[PDB]
Structures are given as C-alpha cells and as structure tokens.
Asker: 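Before anything else, here's the structure in question.
All chain A residue numbers match the PDB entry; in order, they span 2-176. Hydrogens, waters and symmetry mates play no part in the numbers below; they use all other heavy atoms, side chains included. Counting starts at 1 for both ligands and their atoms, following the listed order.
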Amino acid sequence: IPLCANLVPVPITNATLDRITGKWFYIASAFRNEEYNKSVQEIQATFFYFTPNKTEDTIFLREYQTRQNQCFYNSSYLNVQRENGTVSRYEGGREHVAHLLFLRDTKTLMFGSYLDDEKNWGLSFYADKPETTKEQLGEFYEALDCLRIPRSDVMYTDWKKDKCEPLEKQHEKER
Ligand SMILES: CC(C)N(CC[C@](C(N)=O)(c1ccccc1)c1ccccn1)C(C)C
C-alpha cells in the first residue's frame, strides 16, 4: 500500500458524517504554510464536537481551545463539499477549506490544508482521546512523510495544559 494513498481526497457520504460525529482531541499538526504554523504555534490544547446536519451539508462545531493558559470557546457551522471531500469554515473575511482524510485507525482523523500546493501543504491530526498510541502517531508520521514534512516540524498539544474542561462541564449543566 503506497505511502500517499490516504492523502487522496475522498468524497464524504452520510456514513463519513456519522463516523466523524462526536468529540475529538487535537493531537498535532505540521504545515509548510507560515500563517498556519504561526496560528498553531500558540495552541496548547484543543478539543471539539462535530454535530453534522446531513440534509444541509453543514457540521455544527463547538470548539474548546487553550492558548496562553486560558479557555477560548467558539461555536460555528462548517459547510461540507461532499464530492470534493472537504469541509470549510469562514474565519475572518476568508473561507478556509480542508480535506477530510483518514488513517487505518478508525479512532483518528486528519485534515489536509492546501494539499494541491507543495509550498503550503500541511496536516492536522485528531484522536478520540487526548493521548495517542505509538501506532496512531506512526500513521500520522507516515502521512507527513508523503508530504516530505519532517517529523521534527510537528507541533504537539499537551493535554496537561488544558484549561477548557471546566468550561465544557459548565456548559453541560445548561444544555
Ligand atoms: C486553529 C485550529 C482551529 N486549526 C484547525 C482548523 C481545521 C483543520 N484544518 O484541522 C479546519 C480549518 C478549515 C476548515 C476545516 C477545518 C479544523 C478541523 C477540525 C475542527 C476544527 N478545525 C488548526 C489546528 C490549524
């Protein structure tokens, strides 16, 4: 099985939307795009919820980000472009598009940014737990290997640093 196979766009079905539904933890990312490297540098932890709306091709996103030892919560909707296998988010006068990609491990997922551009591409890595196994991490490294991004360029979260669970639990009461 060739290295790049899981870096090819895959159309998103209802089944794909079911598979991504729920809580994910941000594990790691690496990009050649400087803007993304800059934004991500400062993220210490992040977890999020996806609630797809299959009929509107949107996904409701609730996001719990830790930067500078404090909790920033945002909710918004992503749009789904099923055929291209991408999801998009409007983030300040700009639509941002990412390819939804998969690894052998069904408890992970990744998003590819600027995948058609060798000067800007990158990958972000997510798991259903804030800790990953060495198998999950190797799959991610292999994907980076395909983009010729060295492993040493990877930026990681630190689940020790999460400042957001006290907000998530406070949100659970109301909902
Ligand atoms: C700052 C933080 C929010 N970013 C993630 C952006 C991302 C992605 N490409 O993984 C996305 C961007 C644009 C369009 C879709 C998805 C996403 C994935 C899952 C959840 C939140 N957001 C960093 C790690 C780059």
Asker: At ligand 1, which drug or drug candidate appears?
Answerer: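 You're looking at disopyramide.
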Asker: State which chain has the largest number of heavy-atom pairs within 4.5 Å of disopyramide, named as in UniProt.
Answerer: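 Most contacts go to Alpha-1-acid glycoprotein 2.
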Asker: Return the residue, atom name and 0.1 Å-rounded distance of the protein heavy atom closest to atom 12 (C) of disopyramide.
Answerer: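 For atom 12 (C) of disopyramide, the nearest protein heavy atom comes out as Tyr37 OH, 4.0 Å.
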Asker: What part of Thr47, side chain, backbone, both or neither, has a heavy atom within less than 4.0 angstrom of disopyramide?
Answerer: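 Answer for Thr47: neither.
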Asker: If we only count N/O pairs under 3.5 Å, is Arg90 in contact with disopyramide?
Answerer: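 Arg90 vs disopyramide: N/O contact under 3.5 Å present.
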Asker: Going by heavy atoms, is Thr87 under 4.0 Å from disopyramide?
Answerer: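 So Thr87 does not count as touching disopyramide.
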Asker: Identify the protein heavy atom lying closest to atom 11 (C) of disopyramide, giving its residue, its atom name and the separation to 0.1 Å.
Answerer: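 The answer is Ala99 CB, 4.3 Å.
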Asker: Note the single closest protein heavy atom to atom 1 (C) of disopyramide, along with its residue, its atom name and the distance in Å.
Answerer: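 Of every protein heavy atom, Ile44 CD1, 3.5 Å lies nearest to atom 1 (C) of disopyramide.
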Asker: Among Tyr127, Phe112, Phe49, which one has a heavy atom closest to atom 6 (C) of disopyramide?
Answerer: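 When every heavy atom of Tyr127, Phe112, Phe49 is considered, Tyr127 comes closest to atom 6 (C) of disopyramide.
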Asker: Indicate, as side chain, backbone, both or neither, the part of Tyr27 found under 4.0 angstrom from disopyramide when only non-hydrogen atoms are considered.
Answerer: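 Side chain only.
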Asker: Of the side chain and backbone of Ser30, name the one, both, or neither that has a heavy atom under 4.0 Å from an atom of disopyramide.
Answerer: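 For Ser30, there is no contact with disopyramide at all, from either part.
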Asker: Which part of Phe32 is near disopyramide, with near meaning a heavy atom under 4.0 Å away: side chain, backbone, both or neither?
Answerer: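 The part of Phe32 near disopyramide is the side chain, not the backbone.
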Asker: I need the atoms of disopyramide closer than 4.0 Å to a non-hydrogen atom of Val88, numbered in the order shown.
Answerer: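 Close to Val88: 14 (C), 15 (C).
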Asker: Counting heavy atoms only, which part of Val41 comes closer than 4.0 Å to disopyramide: side chain, backbone, both or neither?
Answerer: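 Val41 to disopyramide: side-chain contact only, backbone stays beyond 4.0 Å.
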Asker: To check your reading of the model: name the closest protein heavy atom to atom 14 (C) of disopyramide, its residue, and the distance in Å.
Answerer: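 For atom 14 (C) of disopyramide, the nearest protein heavy atom comes out as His97 O, 3.3 Å.
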Asker: Using a non-hydrogen cut-off of 4.0 Å, what is the binding site of disopyramide?
Answerer: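 With heavy atoms under 4.0 Å, it is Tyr27, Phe32, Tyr37, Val41, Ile44, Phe49, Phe51, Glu64, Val88, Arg90, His97, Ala99, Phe112, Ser114, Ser125, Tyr127.
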Asker: For a distance cut-off of 3.5 Å, show me each N or O of disopyramide paired with any protein N or O, plus the separation.
Answerer:
from, atom 1, to, atom 2, distance (Å)
disopyramide, 10 (O), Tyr127, OH, 2.8
disopyramide, 22 (N), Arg90, NH1, 3.1

